[PDB]
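The model below depicts Tubulin beta chain holding Taxol.
Each chain gets a letter, A, B and so on, in the order its sequence line appears, and its residues count up from 1. Indexing begins at 1, ligand by ligand and atom by atom, following the structure's order. Quick note: numbers below take in every heavy atom, side chains included, and nothing from hydrogens, waters or symmetry partners.
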Amino acid sequence: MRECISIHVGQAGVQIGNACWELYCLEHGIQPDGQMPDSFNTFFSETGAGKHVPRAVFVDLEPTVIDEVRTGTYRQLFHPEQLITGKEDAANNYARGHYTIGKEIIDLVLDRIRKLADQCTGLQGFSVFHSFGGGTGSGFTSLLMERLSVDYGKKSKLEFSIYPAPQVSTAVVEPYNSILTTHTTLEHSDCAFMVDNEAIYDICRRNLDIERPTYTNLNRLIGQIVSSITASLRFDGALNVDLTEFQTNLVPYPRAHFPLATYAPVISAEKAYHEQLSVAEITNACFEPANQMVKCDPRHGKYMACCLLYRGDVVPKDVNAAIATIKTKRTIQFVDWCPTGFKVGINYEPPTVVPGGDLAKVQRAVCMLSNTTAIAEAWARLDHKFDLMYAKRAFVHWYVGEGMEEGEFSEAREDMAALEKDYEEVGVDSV
Amino acid sequence: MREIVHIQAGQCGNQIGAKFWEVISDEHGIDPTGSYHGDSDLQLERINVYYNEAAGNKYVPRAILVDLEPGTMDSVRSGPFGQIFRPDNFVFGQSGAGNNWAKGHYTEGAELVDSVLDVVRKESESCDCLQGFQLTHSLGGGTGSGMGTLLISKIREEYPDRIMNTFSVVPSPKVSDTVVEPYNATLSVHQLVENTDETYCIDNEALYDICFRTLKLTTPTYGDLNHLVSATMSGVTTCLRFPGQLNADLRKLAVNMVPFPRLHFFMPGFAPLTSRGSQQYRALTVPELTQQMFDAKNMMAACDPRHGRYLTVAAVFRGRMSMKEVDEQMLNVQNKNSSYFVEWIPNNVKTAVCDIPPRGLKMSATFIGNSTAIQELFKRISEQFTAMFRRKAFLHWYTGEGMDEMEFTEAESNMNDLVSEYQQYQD
Amino acid sequence: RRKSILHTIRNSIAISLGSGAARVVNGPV
Amino acid sequence: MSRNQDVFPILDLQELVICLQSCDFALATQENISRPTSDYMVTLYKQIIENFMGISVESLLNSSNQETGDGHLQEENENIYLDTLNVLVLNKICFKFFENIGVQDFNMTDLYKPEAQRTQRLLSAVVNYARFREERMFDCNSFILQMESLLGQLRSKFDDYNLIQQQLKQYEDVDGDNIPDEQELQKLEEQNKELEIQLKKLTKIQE
Amino acid sequence: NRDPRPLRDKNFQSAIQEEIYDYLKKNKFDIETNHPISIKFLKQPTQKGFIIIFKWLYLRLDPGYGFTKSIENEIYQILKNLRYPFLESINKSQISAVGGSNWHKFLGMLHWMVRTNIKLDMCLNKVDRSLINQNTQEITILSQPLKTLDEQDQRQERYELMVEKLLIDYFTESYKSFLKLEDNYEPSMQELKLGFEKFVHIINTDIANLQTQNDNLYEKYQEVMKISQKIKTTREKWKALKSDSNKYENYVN
Ligand SMILES: CC(=O)O[C@H]1C(=O)[C@@]2(C)[C@H]([C@H](OC(=O)c3ccccc3)[C@]3(O)C[C@H](OC(=O)[C@H](O)[C@@H](NC(=O)c4ccccc4)c4ccccc4)C(C)=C1C3(C)C)[C@]1(OC(C)=O)CO[C@@H]1C[C@@H]2O
Ligand SMILES: Nc1nc2c(ncn2[C@@H]2O[C@H](COP(=O)(O)OP(=O)(O)OP(=O)(O)O)[C@@H](O)[C@H]2O)c(=O)[nH]1
Ligand SMILES: Nc1nc2c(ncn2[C@@H]2O[C@H](COP(=O)(O)OP(=O)(O)O)[C@@H](O)[C@H]2O)c(=O)[nH]1
Ligand SMILES: [Mg+2]
């Protein structure tokens with residue numbers, strides 16, 4: 001009997017989870033106070049009075065955003081003990097999140113997560129939401145992932161992160177924290193789906209026809225993607241893939257576990273009414289380079305493996321035809337040692353529409369998750385923005401004075417010096 | 001929560017703090033009697049940052065009003081919002097400093113500095129989780145600069161962990177109201193460099209020019225300048241009191257801007273400021289606010305940012321704005337003026353957004369820029385100081401007051417060293 | 001300098017408002 | 001910063017100044033110690049190091065410098081090399097003396113960045129050592145008197161030897177200009193004998 | 001003035017690494033400062049490692065100097081008071097962050113440190129050797145004969161200086177004994193008595209040598225006077241005989 005646990009580290013994660021729980025509560029028919037006027041067993045556990053409490057843990061080092069959660073429209077959805085707060089935020093400091101401030105709340109968060117995992121009978125994984133670019137989202141997430149891998153070394157752990165953008169980053173010390181969190185997003189993870197703010201901004205500007213995207217739209221779209229991923233455990237369908245077979249399909253090598261996400265059809269209302277959605281065109285749009293969530297062009301890389309989750313009523317023969325069409329296309333280039341690169345699962349419940357949202361009702365949708373070498377082009381970018389600081393030891397004194405050792409910077413960079421080759425040596429043909 | 005202790009010394013500090021308390025009391029819906037009357041639940045959700053509660057549902061500011069002469073203090077006591085403070089917090093001498101750094105620092109200040117150290121310690125123990133201290137003073141005066149430096153040192157050797165945020169009215173070359181300004185300024189900078197984590201440099205001349213050109217005022221008195229400084233102060237810490245998409249506190253701001261321990265002299269600024277006439281034509285938009293951020297005329301320090309590269313920049317917005325707009329605005333500002341920003345720090349600008357706008361406004365914004373060019377603001381002083389110190393002018397006062405001769409040379413040397421520090425990263 | 005220490009001492013002999021040295025244990029040991 | 005407990009008590013400045021003036025020094029005035037400066041303090045180190053054990057600084061500095069100050073190698077930084085050596089060896093000899101008198105916290109900043117408290121503690125140590133040395137000299141002045149008597153006797157013996165040598169060097173002659181000896185007398189006798197033989201032969205011929 | 005040392009050179013930089021590591025290892029740095037050292041560690045410096053190395057490296061210069069907080073300011077003050085000539089090319093913020101590109105100079109700075117230490121030892125023992133000279137060479141000056149008044153005056157001055165040095169040593173020993181809450185001048189008195197006996201023996205030997213020289217000089221003076229009288233008589237006789245022989249030869253020829 002499947003269960004799934006979701007963890008939300010403060011700034012990005014709490015808001016993304018708020019959007020996700022809006023979406024799930026709408027999906028399962030539950031009212032926003034928890035009373036329901038099966039499918040919900042994966043996310044919501046019931047009580048005697050009919051109230052459904054989610055399997056969510058909200059964490060932050062400052063209480064303001066949680067207080068917004070604690071007083072918003074969902075103050076009655078959560079059990080008041082999973083809403084965990086600190087006193088002072090990490091303040092963009094990786095060491096503060098990992099070493100100094102985090103360790104005073106890490107015990108409480110592990111205690112609560114263990115309490116939640118006790119009720120689970122067949123728990124399948126952790127849906128961890130955090131951000132590479134901040135202090136909490138790097139340090140505290142690293143510490144929590146270390147503790148979880150120590151205590152839960154068998155269960156899978158999925159990170160849905162927010163990678164810093166190449167140009168529109170909102171932090172002076174962002175490359176430092178982003179480089180520092182790599183050692184803990186590399187070994188103590190299973191499938192970390194990267195997300196960039198710039199790419200979703202571009203998607204909102206182009207496909208959704210809106211030029212004023214707040215964080216709410218990005219959080220809603222990420223919630224849509226994660227719900228499409230987890231739909232295989234909640235509803236029946238022609239083909240269902242759980243997390244274990246999902247990993248066995250995507251990840252070919254232990255260190256090559258950084259998939260690339262895409263969703264379709266991200267369409268507005270008028271375009272939806274005028275268009276007639278077909279499986280071939282949504283499948284092709286999944287491969288559209290400007291539709292990706294990381295500011296990298298897949299043409300420069302070779303697709304390692306791909307999995308397609310068709311939400312809504314889709315016939316498998318149409319899926320096979322779309323797969324054949326994609327394989328015939330020469331713009332999508334796969335790797336030689338992976339002949340069968342497409343793994344397909346289909347769910348029978350079409351996507352929901354959040355009232356006041358931006359995505360129109362579509363009878364069908366498809367979520368693409370592709371492990372490819374193009375993502376390597378992202379890493380190198382930060383490898384520049386790190387160096388130009390560490391060449392002068394610019395902000396190192398703000399971390400060394402908090403509990404960090406300076407060498408641990410270079411060591412972290414050294415890991416990229418290895419990881420790049422792990423997306424390059426395997427990129428070469430067998431001969 | 002995050003509680004800040006507010007200290008101010010001298011007439012300038014007392015007046016600026018009085019205006020600041022009036023501004024944030026009107027923002028929080030507090031009448032002079034302390035009774036809340038606002039129509040927003042979000043005003044009291046975090047009112048404890050500035051206001052300590054007391055029976056009768058009254059709120060008293062965390063202010064430590066200190067001076068060596070009861071004049072300006074007895075002026076603020078009878079003011080429109082003067083009853084709001086705690087009467088025990090009114091601490092005062094009888095013989096003024098008389099524009100002496102030595103008198104305000106060594107002899108006259110020492111007899112009273114314990115009577116303020118105990119008060120600030122009691123206030124800091126009266127809160128839950130101290131974030132830092134907020135100090136308002138001027139470097140050109142006698143009680144202001146000297147007593148501020150003394151208090152700064154005592155707190156740093158007593159509260160090393162917390163943050164030290166101060167607003168200093170640095171003397172200006174043109175607008176001068178004192179003949180011993182260089183000596184006190186040079187002596188104060190010595191302590192400000194090594195005993196403060198971030199300091200906002202303010203000149204009276206820059207505020208006067210802002211009032212002349214931007215606000216197009218006829219006769220800008222001290223009330224307007226203190227109003228502007230209070231607006232800047234409130235904008236800096238608006239993130240603590242109110243929610244928003246991006247939240248940045250004092251430590252976050254410092255680690256964003258400050259690259260090295262001895263480079264923490266920031267130029268502040270505010271937007272949108274417009275005269276009451278042209279204030280109906282222009283429409284408020286994020287690109288216009290970001291353009292007004294980097295205007296060389298809107299700076300609150302009498303130095304041109306175009307004379308040296310920016311090191312880092314912080315921008316704290318208020319209102320409901322799409323963050324693609326502000327992030328693209330910062331990208332455009334950085335790349336269009338790529339010669340004004342240093343090369344070895346990509347993405348010099350850190351942005352924060354607060355959801356609650358100021359009362360009577362739909363949108364606002366605050367700019368805090370750490371730039372190399374501020375070294376100019378120092379050399380001028382180090383000229384005048386030297387231009388007097390070579391002739392040993394006015395020394396006898398300080399020296400007979402109890403100041404060793406070598407201290408002036410040490411202060412001048414450290415001023416020169418900090419100028420070299422700022423100029424070093426410019427090229 | 002040709003001023004011999006021994007010769008100068010002999011000439012002076014043939015405490016300068018002081019005492020013949022002292023030795024007291026310091027309190028802040 | 002290093003700090004130790006001292007056997008001598010803390011002593012105030014004014015009778016320190018007057019007794020330092022009275023004993024041997026003249027630069028130890030009230031305002032000189034009341035205003036700590038590098039030059040005066042290092043000079044005072046110099047007068048004391050020539051005082052208590054009586055050998056000059058310059059001799060020691062040159063006798064420790066000659067091996068690097070001469071022409072072993074042509075590298076230009078020799079002058080700063082030797083200047084750093086000068087300041088360090090001054091520090092080091094002052095440290096020897098101050099650990100010899102019970103001060104184990106003294107350093108180089110004491111030489112070049114002095115302050116009132118540590119300088120006056122060092123001066124209290126100086127005065128206690130000076131008083132103890134004066135007491136020792138008063139107790140052992142018999143040895144000094146014996147040494148003076150021995151020096152006077154040696155001077156008298158040297159004067160007698162010089163007078164004897166001068167008296168010896170008072171003899172000279174045409175034969176024996178290097179003071180008379182047996183060789184000159186023998187040569188003169190041989191010449192006289194030859195001349196007398198020639199004269200006798202001539203007289204016999206002319207007889 | 002500019003920096004003439006080629007710190008930016010590569011083979012030179014490696015050579016500097018080499019002798020710096022050799023010197024640092026030969027003094028048991030790894031044990032006394034409980035910090036392991038490697039070529040790679042010096043290749044990539046750190047704040048704590050550089051600070052510890054500088055602290056140990058300066059404490060070899062002034063052991064009595066103690067460190068405290070505000071390490072950067074202390075390092076700058078130390079560099080200033082060491083009479084360092086190239087300081088106008090260094091800055092406090094660079095000292096605060098050693099590991100940057102500016103490290104290409106900073107390690108070489110340490111080199112000069114080490115060099116001073118080497119130079120220091122050529123000075124150090126010689127100071128004691130100087131005292132060693134006062135222990136031996138002056139004694140030899142007291143054991144040599146005197147032939148001039150200046151030599152006798154120099155010998156007397158050397159004897160007086162030796163007596164003063166012995167008195168100073170005895171006073172220092174007595175002060176050291178009295179420092180430890182005690183009054184035990186017996187070893188100092190014995191040392192002073194031994195020194196006085198040695199000085200008296202040297203003075204007696206010198207006086208005996210001078211007396212023997214004076215007696216020999218007086219005997220030689222009497223002999224020289226007698227020989228001078230005899231030589232004058234012989235020279236007069238020889239001159240008279242030569243004149244007579246010349247006159248006789250002139251008359252006969
Ligand atoms: C209808 C309306 O918009 O009212 C405004 C106003 O008309 C305008 C034109 C105001 C007006 O400002 C000025 O003309 C001005 C005068 C002297 C010095 C500086 C400015 C206003 O005075 C400014 C004042 O603004 C505020 O109250 C701010 O929230 C400000 N509050 C105070 O300064 C204050 C002081 C004492 C008592 C109560 C409030 C504030 C801003 C940030 C953080 C805290 C407080 C108000 C209501 C207005 C007028 C009166 C015309 C403007 O200023 C501000 C500070 O917002 C000028 O350009 C802006 C845009 C505003 O729209
Ligand atoms: N996609 C998305 N990203 C967000 C959201 N909120 C914050 N972020 C990311 O958070 C990054 C900034 O990090 P911070 O503001 O320091 O927040 P943090 O990562 O939790 O670090 P702390 O402030 O110390 O807690 C930005 O680059 C954003 O990409 C959000 O709602 N949606
Ligand atoms: N910005 C600002 N500056 C002021 C104000 N009042 C005085 N000053 C300036 O502060 C400087 C110091 O004056 P003063 O406050 O009397 O010095 P103090 O005796 O140490 O407090 C003077 O040169 C004034 O020009 C004020 O209300 N606002
Ligand atoms: Mg945060």
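- Lab note - all copies counted, Taxol located at ligand 1.
- Other chains within heavy-atom reach of Taxol, distance under 4.0 Å: B.
- The organism reported in the entry as the source of chain B is Sus scrofa.
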